[PDB]
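Caption: rituximab together with B-lymphocyte antigen CD20, bound form.
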Amino acid sequence: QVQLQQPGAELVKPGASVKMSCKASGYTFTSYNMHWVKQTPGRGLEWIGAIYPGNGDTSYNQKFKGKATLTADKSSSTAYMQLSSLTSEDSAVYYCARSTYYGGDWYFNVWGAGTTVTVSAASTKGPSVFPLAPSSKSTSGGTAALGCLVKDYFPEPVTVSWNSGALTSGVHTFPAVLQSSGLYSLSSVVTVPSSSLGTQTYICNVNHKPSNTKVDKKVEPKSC
Amino acid sequence: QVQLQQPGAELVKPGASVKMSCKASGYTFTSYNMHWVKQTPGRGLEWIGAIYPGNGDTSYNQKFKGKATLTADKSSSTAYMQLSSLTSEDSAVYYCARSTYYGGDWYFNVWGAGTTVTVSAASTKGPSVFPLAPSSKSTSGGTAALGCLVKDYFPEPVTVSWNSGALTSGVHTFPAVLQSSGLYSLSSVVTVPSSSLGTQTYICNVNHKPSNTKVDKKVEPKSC
Amino acid sequence: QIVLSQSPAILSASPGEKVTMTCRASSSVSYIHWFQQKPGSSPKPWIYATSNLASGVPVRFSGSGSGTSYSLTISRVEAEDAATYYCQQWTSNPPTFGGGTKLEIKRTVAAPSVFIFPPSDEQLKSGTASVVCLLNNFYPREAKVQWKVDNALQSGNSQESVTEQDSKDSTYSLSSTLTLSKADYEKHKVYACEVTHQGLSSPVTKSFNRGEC
Amino acid sequence: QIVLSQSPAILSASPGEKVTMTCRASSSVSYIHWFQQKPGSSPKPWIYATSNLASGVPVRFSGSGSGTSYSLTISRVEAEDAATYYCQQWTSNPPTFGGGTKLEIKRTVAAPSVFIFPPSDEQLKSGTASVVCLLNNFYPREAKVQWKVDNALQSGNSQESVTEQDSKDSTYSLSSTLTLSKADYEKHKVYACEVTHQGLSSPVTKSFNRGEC
Amino acid sequence: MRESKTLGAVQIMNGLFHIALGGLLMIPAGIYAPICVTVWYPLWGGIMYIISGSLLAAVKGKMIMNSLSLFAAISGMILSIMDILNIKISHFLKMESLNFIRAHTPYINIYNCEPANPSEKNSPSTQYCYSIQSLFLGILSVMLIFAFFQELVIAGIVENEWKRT
Amino acid sequence: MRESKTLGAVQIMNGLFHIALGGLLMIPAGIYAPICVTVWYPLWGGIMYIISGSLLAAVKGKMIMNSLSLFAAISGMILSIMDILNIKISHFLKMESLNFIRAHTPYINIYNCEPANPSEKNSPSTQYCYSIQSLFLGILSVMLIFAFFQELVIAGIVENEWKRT
């Protein structure tokens, strides 16, 4: 019923601007304040500002009063926020949230899914998938780990599976790390009975939908 | 969904007291202010006061601050109002209404059906149904009116029909008038082709469920 | 404590007519709310915060105003719009309602079908006498009955009762009930109700002698 | 502008343990609100106006406090309760959130299954070398990797990445990635990652010579 | 008393502080003003104490102005008593504020600050209303004690005026 | 100047006005006070003007008290300038109110009165906040002009103190 819809991701160049949106539904859009909240891991949740779509009044956090510019369309029932002059420090999840007054205080009772903004000069390179070939180096306690380094791709969502999805137990795929190259890198690994490294040709499957790139690599002690 | 249920009527003796109720449903009872509003034809709508069922705080109209006493039960999710020292001037419809904050102001967005309180010394007498026998006295333009005077009953809802419900066109039943006896009286009439007064034995049907009383009377120019 | 004054007290509007009713506050208020009440039901919320229509209110309605002066206007009245409209304020404790404006469906003037009923023997067998005067299907809402007894003017001892507006004909019906003891009815002989209405060129009367049937 | 301080920064709670987290405001505030966030989702409303549970919040939770001191307490933590909880205030413009408290499922300490991977030839064929150290299924959340190259201590040129807490085992996994040019990897011979953890009696290491397979 | 220099200067200062408290008490605060503001007492009463500072310059013309300043002090002391009661026991004299002052505060009143919605008794909005009401009660009672100060010093002059003449 | 009676009485009145404005400015108004209140300037500055009213009683002990009252007038004139800027350009000195005064107003601030919810810009709650902020700006600027009054009269005395001695 009551729902705020947001575009899930935005990729924008430094110095450029972005106009993310928040489609309200299931309630009288003009009767509630719409708020925007920034989230970054190093700063937590920062409230940006609000718009009342009824008239059009805005208020802003002082530390944003020239970065953001709120807007609302009564007819499509959509709030907008425009961010100017974008920098690395604007890379964040941005939530719209609707505040009601309820129980004697204001209350962020419904939230959008959030828009992840990445501000980057980089371009949609696909992943250099290197096998982490297992060995006694990666053998301990009679298990061995084996993996794939999904290196130097750009837009963050790669997906990795093993044996075309037939291997899932003991798998870990780590969060991607942004490198000083501006390219993301990620590792995925699985732990298996070390004897299985002989016969079972473990395959890691990589996909990068932004670069539409599919890769698969053989991962076994038959190379070093 | 969101609904306030009230007992539809209260009959109470002067000087006595009444504790009418307002069963909330379909919403978090403790999260909203519950208001009571009086209505009388000579004074319109008077706000009585409010209770916040969350803690229990009340506020009152100054012209009621010792007449009403608000209460709420969190568990049955019911608001109550007690009226002391009842007089004729306490005979009214009493509504509970739930105030939300919405569109930038407070708002009585849902109402109970109202409780009609009648403060009366009188007792549940049933109606003296007298025929308004038609004549040339009640003949004009070739139609004649005929009727029944449902006189001197007490609790206000009598119901009247004609020919056991077979006559409805041209019927009027007037609002009951409270007499100086403290008993209500009401009239019901129908207009018909004057020639029909000869053959058609028009019957008025009266019911008074408070006195469980059913009456029917023949209404025709065969008595004066 | 702010007094809300509504004008007119009765608004008569022909179907399709654009009409406006106003609410005036004895002091300036941030917003006005409007409620529609039809007899026998609680006040429905109708407009909130000066101009926002409540859920399901026809966009036929709108509201406007500021400070001390507010209005509700209907671009075209429907027959279903006939109701009393109350303005209300929250800007001062206690919140207060206006006196209401009754919206009436205006129609072609119609003369009252005047009738009179004697106290029947059934009532005299109860020692009591009531004389009923009836004015069927008149319009406008105004009328006055006069009760005359051997041409003497009665006063006080008569109660007036009126239908609501007929939701099909949009006329009114009225009944007036003179009341007497049996001994009072059996003194005087000539009983009349006299009716004055704009649907008439003059006063009119219906009357009877006591004893004739 | 009021700073909301939450304690602890990480709360580790065993399933069924009663636990409490506190929010302290740099100035007194009328109410505190609490939000639960799980990674990859927006903050769900959890408690509003100090103590009212949001729709569908288990009565397992409660909130209390006044003035400058507030708390959220769980009568028994479920495994599903593992999340970050943010307090928030409306009493001053701008509204502000707390830093959050991450609730962690406390479990029996487990040693890291340490592993190391050489830069494979595929990467050297790209002129680049990355050395991956892996610590499977350890607990607690703390650990540190050390990178040693011919026993020389590396610094800066390694990035650390960690899983979230396994929603079944409640351990953590960590990988560390030393990165080098091909020419840097082909200078030195002995590459080691050294691991210190409370699941170990001592530092431990996994290592390789370059050239051996 | 003989101290005509000292006492006249005291009166000028009482006059200037009435003017300051008056203009301060005219800062927009809602639908209703104090009677003091509506009568303009701190303006016309204020300048009358400045004028009876004429006894700094050493005729029964001074008796006229002293008597007028004594009437001003008495009426100011009564008017500020009335406004304190008007705030704290009942709003028995509803003196509508001058509309150029209401233009800035058209929707607020300080002669009642209980909210009609009991949830709001805790609210910051309610605490702001009681803050202004307490400031007005403070300014009026400061103005009362300096109005009472004038009454003492003028009476102690008009006493010598008639017993001289 | 020679007018030591007239000028000393003026100073006592300036002192009493400061004490009255100070106690008035201490009426609970929220989380933050003016610097004037936090320094207690209207109390200690106020009594210093009463004490330099010692020149009503006609030694360099008076030069000590005159000089202290001159320092009090200067610092009060600077402190009230600072608080006006603190209210109207930025809250650059966040002087937390004495906690027995905060007990009555623990949830309100007058150094910001924009609501975070824009629907509330019309609200009575917002108009109350700006009313208190305007009253404080008024009381501080009344206190400034009487602090500036003291500075003039004391300087016109200490000038004669040194040129006599």
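Convention: sequence-line order gives letters A, B, ...; per-chain numbering from 1. These numbers come from the heavy atoms of this one structure, side chains and all, not from hydrogens, waters or symmetry mates.
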Hey, where's rituximab in this structure? All the copies, please.
chains A, B, C and D
Chain letters with a heavy atom under 4.5 Å from rituximab (chains B and C):
A, D, E, F
Epitope check: which residues of chain E come within 4.5 Å of rituximab (chains B and C), heavy atom to heavy atom?
E:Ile31, E:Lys94, E:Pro106, E:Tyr107, E:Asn112, E:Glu114, E:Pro115, E:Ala116, E:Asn117, E:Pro118, E:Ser119, E:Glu120, E:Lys121, E:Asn122
Paratope residues, rituximab (chains B and C) to chain E, non-hydrogen atoms under 4.5 Å
B:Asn33, B:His35, B:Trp47, B:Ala50, B:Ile51, B:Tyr52, B:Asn55, B:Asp57, B:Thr58, B:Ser59, B:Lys65, B:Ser99, B:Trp106, C:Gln1, C:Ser27, C:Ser28, C:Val29, C:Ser30, C:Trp90, C:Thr91, C:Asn93, C:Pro95
Looking at the entry, what's the name on chain A?
Rituximab Fab heavy chain
Any transmembrane segments of chain E with a heavy atom under 4.5 Å from rituximab (chains B and C)? Use UniProt's count from the N terminus.
1
Which organism did the depositors list for chain E in the deposit?
Homo sapiens
Chain B: PDB entry name
Rituximab Fab heavy chain
Any idea what name the entry gives to chain C?
Rituximab Fab light chain
